[PDB]
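These notes concern the structure reproduced below.
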Amino acid sequence: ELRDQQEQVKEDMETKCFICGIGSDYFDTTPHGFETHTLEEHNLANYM
Amino acid sequence: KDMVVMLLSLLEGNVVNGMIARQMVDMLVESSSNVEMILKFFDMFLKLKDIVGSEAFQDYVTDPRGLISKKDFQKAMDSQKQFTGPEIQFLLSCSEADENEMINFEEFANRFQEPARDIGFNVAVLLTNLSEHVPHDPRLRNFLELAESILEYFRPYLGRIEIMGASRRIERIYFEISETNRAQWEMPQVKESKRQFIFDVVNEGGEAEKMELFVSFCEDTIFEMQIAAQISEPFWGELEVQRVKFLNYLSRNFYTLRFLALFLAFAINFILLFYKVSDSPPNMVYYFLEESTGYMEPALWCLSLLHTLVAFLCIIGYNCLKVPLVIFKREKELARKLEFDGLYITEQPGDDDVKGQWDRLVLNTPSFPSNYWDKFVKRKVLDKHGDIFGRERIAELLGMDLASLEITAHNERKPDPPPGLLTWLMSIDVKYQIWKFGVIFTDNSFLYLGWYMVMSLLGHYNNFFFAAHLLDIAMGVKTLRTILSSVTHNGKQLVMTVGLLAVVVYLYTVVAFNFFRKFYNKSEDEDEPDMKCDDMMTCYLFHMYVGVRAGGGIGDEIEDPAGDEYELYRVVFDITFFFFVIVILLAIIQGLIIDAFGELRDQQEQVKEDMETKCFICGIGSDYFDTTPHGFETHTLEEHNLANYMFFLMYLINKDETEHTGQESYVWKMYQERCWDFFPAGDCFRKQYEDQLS
Amino acid sequence: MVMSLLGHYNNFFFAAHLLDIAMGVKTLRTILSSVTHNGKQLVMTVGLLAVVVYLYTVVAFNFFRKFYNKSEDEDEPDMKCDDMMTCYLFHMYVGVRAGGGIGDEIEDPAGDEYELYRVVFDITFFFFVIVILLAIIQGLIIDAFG
Amino acid sequence: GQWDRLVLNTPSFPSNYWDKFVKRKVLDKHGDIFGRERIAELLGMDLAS
Ligand SMILES: Nc1ncnc2c1ncn2[C@@H]1O[C@H](COP(=O)(O)OP(=O)(O)OP(=O)(O)O)[C@@H](O)[C@H]1O
Ligand SMILES: Nc1ncnc2c1ncn2[C@@H]1O[C@H](COP(=O)(O)OP(=O)(O)OP(=O)(O)O)[C@@H](O)[C@H]1O
Ligand SMILES: O=c1nc2[nH][nH]cc-2c(=O)[nH]1
Ligand SMILES: [Ca+2]
Ligand SMILES: [Zn+2]
Ligand SMILES: [Zn+2]
């Protein structure tokens, strides 16, 4: 149970944007789209 | 061929139903008769080359010289029902029949096979391109049908990929795959490397490094193909040719030698099962075999010598077969970090990276890129960083002579290469060799083979050291390797829980020493007792040795507490020991092992489902492609085949840059700049022309 | 057929037909498929167990031969580890089946020059053989169920 | 595949399978290129019948 909790959290972070909830599949139409979205567009550190 | 190449250049950057492609189709229709004549010329000789090899044709062949009469050829060819009468007459005319009307079909069939190959391939490429970009012109299906044999012939060599092109659109690229490249890609070792790479990336990789990793894998695979080609098989000169023949032999048969070593170890150990120890000769004892045959003692010595020799040969084969790839990968990563990052020019790793600190020995060596293909990495690093950090400083860092660059650009020198061992002596780059040997000695496979060596040699000092080689089955057998990985998967957890068990047993030992010391008399004697808990160390040994191994805990071993002032305290002590130590902690260990089993299985399943559900290149799921029947299968076999990207990289490397097309030059430039934006990401040809195709 | 016919030669060959319940009952068939699912793994891990027990047998023969006297008699001893084959049989027969490993069967090492060596021998045998490998087998069965 | 070689030339190879003309189809498909008489011997057919 503990292992699958950790895996679930990791996959959620690597698959959806923490802010807007849009999945990585939409952003990935553009190359590295999700990476740029989570580093520049909707970075939670930036909201902080 | 040149004219068809010009036409293909006209089709560059051509959309579906583009007007240049439609004009090309109208041209081909306007010259339909001549195009059909060309296609009939190609298919006739393609069919001839395969007919001459038929047993039906060989039945007609009767002359012992290997010739056939014209009349026999005439009656044989029409029996196949593949040519018309005029075509058979034309083939007879083209046959160089002698005055005796005798035909050498062996050379007749092969006469035009080689001259017509390149033009045949380009005609096939042209027809494929036009068919895929003008999918709704019925005038072109006729040409495709007339070229059906040509297209079927060149199907294994017609490589196609898709890229995100210069025009911000997905473009389809057609190129050529060679027989040698395809055959090398089909080798079992290469297929295993591909499976391992796919597993690594899909399992423990992100979506960002995927294409860089794939291209690095392609480069490594190209190098492995070169090594395989080199080791493949079809007084100083004599000894050198024999030495390289021997080294290639060891390299080719490395795995058979490995299996032979394992088999020899099993045989040795089976002999060793017959050992016996006796005081009488065959106050110290004698060890000797106990068998009736009388041949086991000689057989053991012979097998020990043979096994040591086989181990040595395995070492040599490994350093001739895998070590080149090890050094290649290391040189390649070091060079790219020097150039694109300035590892030792700007950042200077901080002594905690043993790899980076060890790589400092190779920078100034004359021969730093020995296995890596790039012999101009130092020039590139200098041209990139010398202005800002000092050209002379960079030259000293990389061991370059600033004066020699100009003369090397000026002209080429042809010195005397004297084939003498004395002259070869000083030519050894000792610093490079020390670095290379350090890299090799820090390699797991080489270390394992060296340990195999050492234990095999110690087996001669004492034959029971050959028992250690029985452990080789774990690495020899993928099944054992998976099973033992199911233990090593949670090794840190296992060590930590054993430590926790030691701590809890120590706490129980403290309690027992302070209070329950009476019960630890393990002597049935009445006048000399053996108290196991009159000392911390003795009591702790006793607990960790007997209490953990007992089924019911320490209470099984120590004395009965019934009828004592401390009965309840001691029973709580015993029950809690049994529960925390015997039940819970051993359950934790077994659970870690079982969980590792499940984790490995679900990793394999995840990789398999990912491969069977998404395209490895573009990331589009199988559900989109499956709208068309077998859409995902065709997409992964024709449109976005990763083997085709590997083959395309090989093709670009081999081809001349002056001969590169526009698309090829584009991909080549972005390859050299390490920019992977040409890989179609989230988009494909079918998606881009959904409207026109549908 | 063959076992039914042999049952007339000896009626106890009819006991073999009691095994038919595995194929007769889908429940038994599923349960036994839960064992056969990882049969290659089970055979391989039993082989690995044989190898590790053999390594322990080699160590015991070379060093701990004194402790393998399984005779309460004082003048005629029964030494179980004066031979490779006898010692290996002894280990694979009693050490694997013992709850605490081979140390449960062989003599006490207290008050010997090799006490610490022998206790390490015993604890490692118990952990690698009794705990880890049997846990692997049971885990293969449970994983096949899942 | 090696055991199936015993049944090819049998008079009654498709006994349970519904297709009693499989040999005729195989001959009509491959006999021109590989030899009609050779195929007939392989499948145990009589070309005259
Ligand atoms: N809004 C968001 N802001 C930041 N990260 C986000 C957001 N939504 C999703 N993520 C994901 O959170 C993940 C966590 O990023 P982070 O750099 O903290 O992890 P990491 O890989 O463990 O870090 P590092 O390797 O730099 O130590 C990112 O990889 C990203 O995919
Ligand atoms: N771009 C891609 N190129 C190739 N295969 C891809 C790609 N994307 C996904 N795949 C999937 O990778 C799978 C692996 O194919 P492969 O032929 O190597 O496997 P296999 O079935 O084990 O092989 P074989 O049975 O021929 O030995 C394919 O079935 C395919 O669905
Ligand atoms: O640009 C390259 N040049 C090469 N030569 N040999 C292998 C090469 C490669 O991957 N890339
Ligand atoms: Ca040019
Ligand atoms: Zn967002
Ligand atoms: Zn794709």
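Chains are designated A, B, ... according to the position of each sequence line. Here chain A follows the PDB entry, giving residues 4942-4989 in order. We number chain B the way the PDB entry does; in order, the residues shown are 4021-4254, 4540-4587, 4626-5037. Per the PDB entry, chain C residues shown: 4796-4941, in order. In chain D, numbers come from the PDB entry; the residues present are 4699-4747, in order. Displayed portion only: the contact tally does not extend beyond what is shown. What you see below is based on every heavy atom in this structure, not just the backbone, and it leaves out hydrogens, waters and symmetry mates. When a ligand or atom number is given, it counts from 1 through the structure's own listing order.
In this complex, the main macromolecule engaging ligand 3, as named in UniProt, is Ryanodine receptor 1.
Modeled at ligand 3 is a drug that PDB records call oxipurinol. Other chains making heavy-atom contacts shorter than 4.0 Å with oxipurinol: B.
Transmembrane segments of chain B (UniProt order, N terminus first) with a heavy atom under 4.0 Å from oxipurinol: none. Heavy-atom distances show that, of the caffeine-binding residues UniProt gives for chain B, the following lie under 4.0 Å from oxipurinol: B:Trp4716. Less than 4.0 Å from oxipurinol, one finds no other ligands or ions. Source organism (PDB entry) for chain B: Oryctolagus cuniculus.
At a heavy-atom cut-off of 4.0 Å, the residues contacting oxipurinol are B:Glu4239, B:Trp4716, B:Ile4996, B:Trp5011, B:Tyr5014.
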